[PDB]
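Lab note: Mitogen-activated protein kinase 14, BIRB 796 bound.
Residue numbering in chain A adheres to the PDB entry, whereby the residues present occupy positions 6-32, 36-169, 183-353 in order. Every number for a ligand or one of its atoms is a count from 1 in the order of the listing. No hydrogens, no waters, no symmetry mates; every other heavy atom, side chains included, goes into these values.
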Amino acid sequence: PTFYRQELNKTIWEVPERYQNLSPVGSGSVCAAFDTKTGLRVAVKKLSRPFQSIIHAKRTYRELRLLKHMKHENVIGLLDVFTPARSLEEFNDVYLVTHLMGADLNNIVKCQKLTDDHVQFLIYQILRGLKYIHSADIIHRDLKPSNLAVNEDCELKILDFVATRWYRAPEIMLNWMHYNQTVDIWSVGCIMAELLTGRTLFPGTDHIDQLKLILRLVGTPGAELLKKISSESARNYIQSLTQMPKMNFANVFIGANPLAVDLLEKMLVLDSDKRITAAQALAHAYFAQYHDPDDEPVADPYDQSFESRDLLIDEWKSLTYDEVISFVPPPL
Ligand SMILES: Cc1ccc(-n2nc(C(C)(C)C)cc2NC(=O)Nc2ccc(OCCN3CCOCC3)c3ccccc23)cc1
Ligand SMILES: Nc1ccc2c(NCc3cc(CC4CC4)co3)nc(-c3ccccc3)nc2c1
């Protein structure tokens, strides 16, 4: 494949001839383009200094390994990955190609009002994607409206591109080091609550103000949850806050679907051991119009053994180069 060059907002791009009409989108740096081989509008992300440090190199390998493995309708997939290099000695740029979506859920929630029917379809697609992601032993940790891309037909894709702490599970705020996958479910509840009211549910100014807003809704942790908190520092700070009662969500999300209020009651739970999972939430009556267990697939098992390895930069670079060369595009 022959490459061409052009500068687009300080960053120079070397892309194959198949990608035309490059247009800057945001900032790695992303460009919108047209793929003459497939006829699709695509998004091309150029990784910025992929091997500047051990942190960058392993991060580069992690993202390429993740995107190559994601093959689900509601999760961002990899259409192509290329580099202008002809060998490992000159391998310094990595480009990632995916579908071009219309916008993100952040634009829709602040520019449009969503019917309860639209909330069902949008939240169902998130939970459908989360079940696929969680089945591969992967936690997103960064779910928020700006990480969810939506088309004009309300088709949604999860990606990992508005404060993140507003959607962070409380066990992440207190820096618990043994949380589970339901930290994403807490984020879904905060997102679902925002689609129903148009307001951010927990607009905290800091980590402490975030927990104060959370406790005003969910109430004081009970004796069962207090038994399972290992940090004496956090366990004492929780016992230092005045006893807040748990608000009834029907009095908070008024005029909302009774099934929507019940699902939020199962998602916005402090005790992560009792928080509803992605698979269980798909079976909730709120998604009866869309739920189909035979069309909610799980993922092929994903090898994360590299995360426990301590390698050099050129070793991470060489491993990334192998994944670039071994990539097989999906058929049309
Ligand atoms: C270190 C690291 C590790 C993993 C990730 N990671 N994790 C995920 C999962 C969890 C959802 C599978 C996905 C990602 N990576 C991404 O979501 N990467 C991307 C974000 C935004 C983009 O372009 C946004 C612009 N948008 C594209 C499509 O919609 C229209 C415009 C991208 C464009 C092309 C290629 C990748 C993009 C990210 C970083
Ligand atoms: N088995 C479980 C189940 C839930 C746990 C958990 N849940 C999240 C949480 C929420 C809160 C409420 C704080 C706002 C006051 C405290 O912890 N935190 C923590 C935790 C929090 C801080 C430090 C160490 C552990 N451990 C949990 C163990």
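- Within the model, the positions assigned to BIRB 796, copies included, correspond to ligand 1.
- When only interatomic distances are considered, the shortest N/O to N/O separation between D168 and BIRB 796 (ligand 1) falls below 3.5 Å.
- Not a single heavy atom of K165 sits less than 4.0 Å from an atom of BIRB 796 (ligand 1).
- Heavy atoms only, to 1 Å: the UniProt active-site residue in chain A nearest to BIRB 796 (ligand 1) comes out as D168, 3 Å.
- Distances between N or O atoms of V105 and those of BIRB 796 (ligand 1) include no value under 3.5 Å.
- For atom 26 (N) of BIRB 796 (ligand 1), the nearest protein heavy atom lies 4.0 Å away or farther.
- Atoms of BIRB 796 (ligand 1) lying under 4.0 Å from any heavy atom of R67, numbered from 1 in the order shown and given with element: 1 (C).
- For BIRB 796 (ligand 1), the main contacting UniProt domain of chain A is Protein kinase.
- Within 4.0 Å of BIRB 796 (ligand 1), judged by non-hydrogen atoms, the site holds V38, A51, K53, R67, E71, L74, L75, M78, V83, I84, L104, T106, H107, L108, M109, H148, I166, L167, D168, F169.
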Tabulate distances under 3.5 Å between N/O atoms of BIRB 796 (ligand 1) and N/O atoms of the protein, writing both atom names on each line.
from                : atom 1 : to   : atom 2 : distance (Å)
BIRB 796 (ligand 1) : 15 (N) : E71  : OE2    : 3.4
BIRB 796 (ligand 1) : 17 (O) : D168 : N      : 2.7
BIRB 796 (ligand 1) : 17 (O) : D168 : O      : 3.4
BIRB 796 (ligand 1) : 18 (N) : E71  : OE2    : 3.3
BIRB 796 (ligand 1) : 29 (O) : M109 : N      : 3.1

